[PDB]
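Drug on board: tacrolimus.
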Amino acid sequence: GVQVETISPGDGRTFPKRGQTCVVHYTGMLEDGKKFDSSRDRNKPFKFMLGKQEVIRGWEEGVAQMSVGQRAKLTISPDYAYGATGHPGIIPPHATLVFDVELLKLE
Amino acid sequence: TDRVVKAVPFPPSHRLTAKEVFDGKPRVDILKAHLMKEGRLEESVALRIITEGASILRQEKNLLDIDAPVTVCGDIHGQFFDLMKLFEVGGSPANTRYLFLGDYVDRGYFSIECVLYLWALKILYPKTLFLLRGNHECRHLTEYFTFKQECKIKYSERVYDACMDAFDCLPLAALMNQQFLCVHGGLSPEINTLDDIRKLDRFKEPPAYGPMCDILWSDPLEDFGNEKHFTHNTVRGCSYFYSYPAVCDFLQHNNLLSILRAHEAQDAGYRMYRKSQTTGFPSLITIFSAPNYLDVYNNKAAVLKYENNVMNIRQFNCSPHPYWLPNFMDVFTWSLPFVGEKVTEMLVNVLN
Amino acid sequence: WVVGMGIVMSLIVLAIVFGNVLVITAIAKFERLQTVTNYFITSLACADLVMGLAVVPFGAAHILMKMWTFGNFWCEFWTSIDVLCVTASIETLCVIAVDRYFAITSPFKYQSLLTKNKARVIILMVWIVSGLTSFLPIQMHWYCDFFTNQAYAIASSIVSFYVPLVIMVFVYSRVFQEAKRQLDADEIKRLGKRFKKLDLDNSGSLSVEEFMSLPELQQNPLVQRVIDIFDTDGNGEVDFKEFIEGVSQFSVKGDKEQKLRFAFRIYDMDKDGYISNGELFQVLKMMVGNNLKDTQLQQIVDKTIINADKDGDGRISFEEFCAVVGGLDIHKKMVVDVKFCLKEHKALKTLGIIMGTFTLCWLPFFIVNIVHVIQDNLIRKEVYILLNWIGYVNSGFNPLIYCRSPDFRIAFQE
Ligand SMILES: C=CC[C@@H]1/C=C(\C)C[C@H](C)C[C@H](OC)[C@H]2O[C@@](O)(C(=O)C(=O)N3CCCC[C@H]3C(=O)O[C@H](/C(C)=C/[C@@H]3CC[C@@H](O)[C@H](OC)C3)[C@H](C)[C@@H](O)CC1=O)[C@H](C)C[C@@H]2OC
């Protein structure tokens, strides 16, 4: 499913709310280390509304555990990931993912 | 509907076809001013240039011999807009002699343009520029990463096949000034004498073992200043390490000075090692010449110059370049499987 | 009198040639009109040029010149070409109605059983056998004014006008008794109940401000675009007459063409048929928000369009769209559990006024002559030219009714 293996934690007083928007910087990967996307390729972060289904369910179940200013190393199994259908052009069917999401600020 | 934002240049659409790219020197200034604007060439012209460059390279020996004034460089990894900066900070190819070391293609969005420009300039100048083969000029490696997709999207696959038949014949030793030795990676314990690397053939895909796959894949030790030839590697998992006694023995058995490299990317762009007590010169220098590798490290680069028995090192800067989607998508395949989900969700929400 | 009545006839040739032609031009010009029921409409227009030129005006010479100098060398010939105009037009009108009937009663059977390459063979089969009957006494002379004794008039009445005006008015009475059932069968009342439940205005007018009142839809990035694709009547609000069609555009029995066309219409902004740089920038900017920069979006759009042009004008059309997108399997991702395909009934009130005008006008002559054949004869001996001219006008309006249809209308303005 979804796993969390913290790399370098920090403060944990503040947690994301039910319907607020987070800002993250992430560096996608695959199982063997090849990279296919980044939020540092372009110089602008990612934003998404927690609780609604516009991000894959792995993020929506995992990112809520971390707090302000922590890095991690997620692991999205094929269930919560793009699944057997996958995506055309990048992710083959039945493909594990390994992100590097590091929450930055909370709005 | 003409244009929404007008502060960006427009890519020219007409592919040049032997119009002014050939005169038998091929034109260079037009190649500059046309490839800097993301234009394209006709397929026949590309095949012509690549096959002529391969024909020139075919007859080259397996160990180059060069005179004194040279300007060694590092690997590039297909960054065109930094290759231009390198050519501007160094000399013009008419006035100064070069020697490239590293790979030319993989892990970038402008491999084909860089290889076209370099091979054309080698066709024009056949004696004042030399190239060396790296680890990223094989079949499996360029099939794995983003090079096959480049040739299949921007050009035809015939270009890619000809490009492989072109990479097949490069040299791999690059002796220089009868004093140094500039190989891409590192030496191997199974190779002992300079004459030993004058017999092997390099006209095929490298195997998984032997001197051919140990020259291009080896690495130096990362714990210098330790205790006591062929310790295995971990990060690459394909070749061998080597220790300071091995380097000293190789430099004493045959009269040389040092060895140069182009793998280990560094935050400073260059880093020497401990000086050899026999002569006082350093024994290993690592050169990296691609700023902002993978757009993450945020490091400088460097280019080494050599003249008048003075070894000085010059630094380098960054430069911007345009944007492409990962794996060369197009907006229709980029945003159809979002329109589908949104439309279906809205309809199911409204009809119930 | 003389000059003025000549003016009416001269305008007539001009109008028939004009209207019979314009349809020919639109069908040949666009490739979206190459349906299975747009080649038979072209046969009707063409048997409307032939009687649009050789036959209408020669009769016109006879009005007052009292004799035709074309002479016997072919003056009787005119009589053939005239009787191969009513007898083809009536057989092509009867095919149209029996085939709309087979498609509508069971859509799947017509949908897959026959192909365009067989239709041209059926229309060629219609015109010439009709020509064969007419030519038989046109030279046999079993019989420039035309007379016969009793035989050929009866034979002509028994074959072309009477027998076709029986079959063509019966199968069409089926298409009309077995097409009003699907419009109200236990399922097109559910959406009606939903309509009555949803309209707060209580006026049958669902405006965009009224759909925005739903709770879980007030955040969807693209609602205006879809509601404007539904807005076919082009006034800014949705009514029941088009809501059913919009929903039925998605189904389980639908095919690739309509779903992929609808996916195309999301990007296109003014129904013109061409995607421009501004359109493929605005439609995407709304769906991307503020994660990418602006200049990067512009550059990737430029590259997509440059790799998409195969015609050189700088814009992309539907065929190039299919070339680029085809192979992503979008047809399976758009599905709702609604079960009805109201696509056949899209055009059955314009391929049906024609099966009426062609019967309400040339019916009197055939009726009148068979009476004139009888012993009783009024002082109306000049009426044969008073009322068998009524007809040449009919072929004139056969393309006039078609401008109501949207596909023809875009070419008609163009
Ligand atoms: C412009 C129009 C699209 C619009 C795109 C952007 C805002 C630009 C944004 C940087 C996307 C990137 O574009 C370069 C790129 O990001 C990836 O590289 C990626 O790291 C990824 O997996 N991400 C992005 C970061 C959040 C998690 C996940 C995601 O939530 O993606 C979501 C996603 C694709 C949902 C799918 C939809 C299909 C369902 O079947 C599936 O359900 C299982 C879920 C994103 C948020 C959607 O909202 C897409 C959009 O809104 C994908 C590998 C491919 C994706 O391009 C498509």
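Chains: lettered A, B, ... by order of sequence lines. Following the PDB entry, chain A residues are numbered 1-107, in order. Residues 13-35, 38-242, 246-369, in that order, are what chain B shows, numbered as in the PDB entry. In order, the residues displayed for chain C correspond to 32-174, 191-461 in the PDB entry numbering, which applies throughout. Note that ligands are numbered from 1 as they come in the structure, with each ligand's atoms numbered from 1 the same way.
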Of all chains in the model, which has more heavy-atom pairs under 4.5 Å to tacrolimus (ligand 1) than the rest, named as the PDB entry has it? Peptidyl-prolyl cis-trans isomerase FKBP1A
Chain letters with a heavy atom under 4.0 Å from tacrolimus (ligand 1): A, B, C
Help me out - I need the UniProt domain of chain A that holds most residues contacting tacrolimus (ligand 1). PPIase FKBP-type
Just wondering, where does chain A come from, per the PDB? Homo sapiens
What label does the PDB record give chain B? Protein phosphatase 3 catalytic subunit alpha
